[PDB]
Asker: 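Sending over a structure with oxipurinol; questions below.
For reference, chains are lettered A, B, ... following the sequence lines as listed. By the PDB entry numbering, chain A shows 4942-4989, in order. Using the numbering of the PDB entry, the residues shown for chain B are 4021-4254, 4540-4587, 4626-5037, in order. Just so it is clear, chain C uses the PDB entry numbers, and the residues here are 4796-4941, in order. The residues of chain D that appear here are 4699-4747 by the PDB entry count, in order. The entry is not shown in full; contacts are counted within the portion that is. As a basis for the values below, the full set of heavy atoms in this structure was taken, side chains included, without hydrogen atoms, waters or symmetry mates. For ligands, and for the atoms within them, numbers begin at 1 and follow the listed sequence.
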Amino acid sequence: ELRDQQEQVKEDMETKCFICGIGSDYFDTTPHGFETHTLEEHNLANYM
Amino acid sequence: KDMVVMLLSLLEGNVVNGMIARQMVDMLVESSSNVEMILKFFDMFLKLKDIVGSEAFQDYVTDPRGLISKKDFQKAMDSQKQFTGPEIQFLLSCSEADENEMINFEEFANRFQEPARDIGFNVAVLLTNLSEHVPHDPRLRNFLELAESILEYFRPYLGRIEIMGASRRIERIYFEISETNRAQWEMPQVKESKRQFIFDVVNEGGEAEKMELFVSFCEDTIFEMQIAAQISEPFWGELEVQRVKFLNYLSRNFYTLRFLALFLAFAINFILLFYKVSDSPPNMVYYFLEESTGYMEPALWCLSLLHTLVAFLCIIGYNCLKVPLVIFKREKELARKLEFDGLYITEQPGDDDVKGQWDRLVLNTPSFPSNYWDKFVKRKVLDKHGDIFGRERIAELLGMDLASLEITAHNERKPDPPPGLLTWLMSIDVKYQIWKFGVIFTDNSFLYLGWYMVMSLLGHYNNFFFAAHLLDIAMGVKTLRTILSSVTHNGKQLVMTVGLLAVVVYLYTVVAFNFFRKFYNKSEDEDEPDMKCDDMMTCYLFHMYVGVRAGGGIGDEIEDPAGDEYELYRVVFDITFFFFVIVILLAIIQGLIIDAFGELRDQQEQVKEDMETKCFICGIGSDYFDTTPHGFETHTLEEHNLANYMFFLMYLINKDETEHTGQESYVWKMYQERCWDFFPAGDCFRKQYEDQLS
Amino acid sequence: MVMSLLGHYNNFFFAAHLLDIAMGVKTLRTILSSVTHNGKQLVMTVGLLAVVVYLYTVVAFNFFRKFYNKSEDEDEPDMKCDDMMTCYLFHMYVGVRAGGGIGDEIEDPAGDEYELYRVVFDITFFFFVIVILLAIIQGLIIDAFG
Amino acid sequence: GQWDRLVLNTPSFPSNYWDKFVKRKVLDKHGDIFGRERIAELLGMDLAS
Ligand SMILES: Nc1ncnc2c1ncn2[C@@H]1O[C@H](COP(=O)(O)OP(=O)(O)OP(=O)(O)O)[C@@H](O)[C@H]1O
Ligand SMILES: Nc1ncnc2c1ncn2[C@@H]1O[C@H](COP(=O)(O)OP(=O)(O)OP(=O)(O)O)[C@@H](O)[C@H]1O
Ligand SMILES: O=c1nc2[nH][nH]cc-2c(=O)[nH]1
Ligand SMILES: [Ca+2]
Ligand SMILES: [Zn+2]
Ligand SMILES: [Zn+2]
């Protein structure tokens, strides 16, 4: 149970944007789209 | 061929139903008769080359010289029902029949096979391109049908990929795959490397490094193909040719030698099962075999010598077969970090990276890129960083002579290469060799083979050291390797829980020493007792040795507490020991092992489902492609085949840059700049022309 | 057929037909498929167990031969580890089946020059053989169920 | 595949399978290129019948 909790959290972070909830599949139409979205567009550190 | 190449250049950057492609189709229709004549010329000789090899044709062949009469050829060819009468007459005319009307079909069939190959391939490429970009012109299906044999012939060599092109659109690229490249890609070792790479990336990789990793894998695979080609098989000169023949032999048969070593170890150990120890000769004892045959003692010595020799040969084969790839990968990563990052020019790793600190020995060596293909990495690093950090400083860092660059650009020198061992002596780059040997000695496979060596040699000092080689089955057998990985998967957890068990047993030992010391008399004697808990160390040994191994805990071993002032305290002590130590902690260990089993299985399943559900290149799921029947299968076999990207990289490397097309030059430039934006990401040809195709 | 016919030669060959319940009952068939699912793994891990027990047998023969006297008699001893084959049989027969490993069967090492060596021998045998490998087998069965 | 070689030339190879003309189809498909008489011997057919 503990292992699958950790895996679930990791996959959620690597698959959806923490802010807007849009999945990585939409952003990935553009190359590295999700990476740029989570580093520049909707970075939670930036909201902080 | 040149004219068809010009036409293909006209089709560059051509959309579906583009007007240049439609004009090309109208041209081909306007010259339909001549195009059909060309296609009939190609298919006739393609069919001839395969007919001459038929047993039906060989039945007609009767002359012992290997010739056939014209009349026999005439009656044989029409029996196949593949040519018309005029075509058979034309083939007879083209046959160089002698005055005796005798035909050498062996050379007749092969006469035009080689001259017509390149033009045949380009005609096939042209027809494929036009068919895929003008999918709704019925005038072109006729040409495709007339070229059906040509297209079927060149199907294994017609490589196609898709890229995100210069025009911000997905473009389809057609190129050529060679027989040698395809055959090398089909080798079992290469297929295993591909499976391992796919597993690594899909399992423990992100979506960002995927294409860089794939291209690095392609480069490594190209190098492995070169090594395989080199080791493949079809007084100083004599000894050198024999030495390289021997080294290639060891390299080719490395795995058979490995299996032979394992088999020899099993045989040795089976002999060793017959050992016996006796005081009488065959106050110290004698060890000797106990068998009736009388041949086991000689057989053991012979097998020990043979096994040591086989181990040595395995070492040599490994350093001739895998070590080149090890050094290649290391040189390649070091060079790219020097150039694109300035590892030792700007950042200077901080002594905690043993790899980076060890790589400092190779920078100034004359021969730093020995296995890596790039012999101009130092020039590139200098041209990139010398202005800002000092050209002379960079030259000293990389061991370059600033004066020699100009003369090397000026002209080429042809010195005397004297084939003498004395002259070869000083030519050894000792610093490079020390670095290379350090890299090799820090390699797991080489270390394992060296340990195999050492234990095999110690087996001669004492034959029971050959028992250690029985452990080789774990690495020899993928099944054992998976099973033992199911233990090593949670090794840190296992060590930590054993430590926790030691701590809890120590706490129980403290309690027992302070209070329950009476019960630890393990002597049935009445006048000399053996108290196991009159000392911390003795009591702790006793607990960790007997209490953990007992089924019911320490209470099984120590004395009965019934009828004592401390009965309840001691029973709580015993029950809690049994529960925390015997039940819970051993359950934790077994659970870690079982969980590792499940984790490995679900990793394999995840990789398999990912491969069977998404395209490895573009990331589009199988559900989109499956709208068309077998859409995902065709997409992964024709449109976005990763083997085709590997083959395309090989093709670009081999081809001349002056001969590169526009698309090829584009991909080549972005390859050299390490920019992977040409890989179609989230988009494909079918998606881009959904409207026109549908 | 063959076992039914042999049952007339000896009626106890009819006991073999009691095994038919595995194929007769889908429940038994599923349960036994839960064992056969990882049969290659089970055979391989039993082989690995044989190898590790053999390594322990080699160590015991070379060093701990004194402790393998399984005779309460004082003048005629029964030494179980004066031979490779006898010692290996002894280990694979009693050490694997013992709850605490081979140390449960062989003599006490207290008050010997090799006490610490022998206790390490015993604890490692118990952990690698009794705990880890049997846990692997049971885990293969449970994983096949899942 | 090696055991199936015993049944090819049998008079009654498709006994349970519904297709009693499989040999005729195989001959009509491959006999021109590989030899009609050779195929007939392989499948145990009589070309005259
Ligand atoms: N809004 C968001 N802001 C930041 N990260 C986000 C957001 N939504 C999703 N993520 C994901 O959170 C993940 C966590 O990023 P982070 O750099 O903290 O992890 P990491 O890989 O463990 O870090 P590092 O390797 O730099 O130590 C990112 O990889 C990203 O995919
Ligand atoms: N771009 C891609 N190129 C190739 N295969 C891809 C790609 N994307 C996904 N795949 C999937 O990778 C799978 C692996 O194919 P492969 O032929 O190597 O496997 P296999 O079935 O084990 O092989 P074989 O049975 O021929 O030995 C394919 O079935 C395919 O669905
Ligand atoms: O640009 C390259 N040049 C090469 N030569 N040999 C292998 C090469 C490669 O991957 N890339
Ligand atoms: Ca040019
Ligand atoms: Zn967002
Ligand atoms: Zn794709």
Asker: Which ligands, or which chains, stand for oxipurinol?
Answerer: ligand 3
Asker: Out of curiosity, which chain makes more contacts with oxipurinol (ligand 3) than the others? Name from the PDB entry, please.
Answerer: Ryanodine receptor 1
Asker: Which other chains show a non-hydrogen atom at a distance under 4.0 Å from oxipurinol (ligand 3)?
Answerer: B
Asker: Look up the source organism of chain B in the entry.
Answerer: Oryctolagus cuniculus
Asker: Do any UniProt caffeine-binding residues in chain B place a non-hydrogen atom less than 4.0 Å from oxipurinol (ligand 3), and if so, which?
Answerer: B:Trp4716
Asker: Just wondering, does oxipurinol (ligand 3) get within less than 4.0 Å of any transmembrane segments of chain B by heavy atom? Which ones, using UniProt's N-terminal numbering?
Answerer: none
Asker: Which residues form the binding site of oxipurinol (ligand 3) when counting heavy atoms under 4.0 Å?
Answerer: B:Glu4239, B:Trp4716, B:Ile4996, B:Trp5011, B:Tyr5014
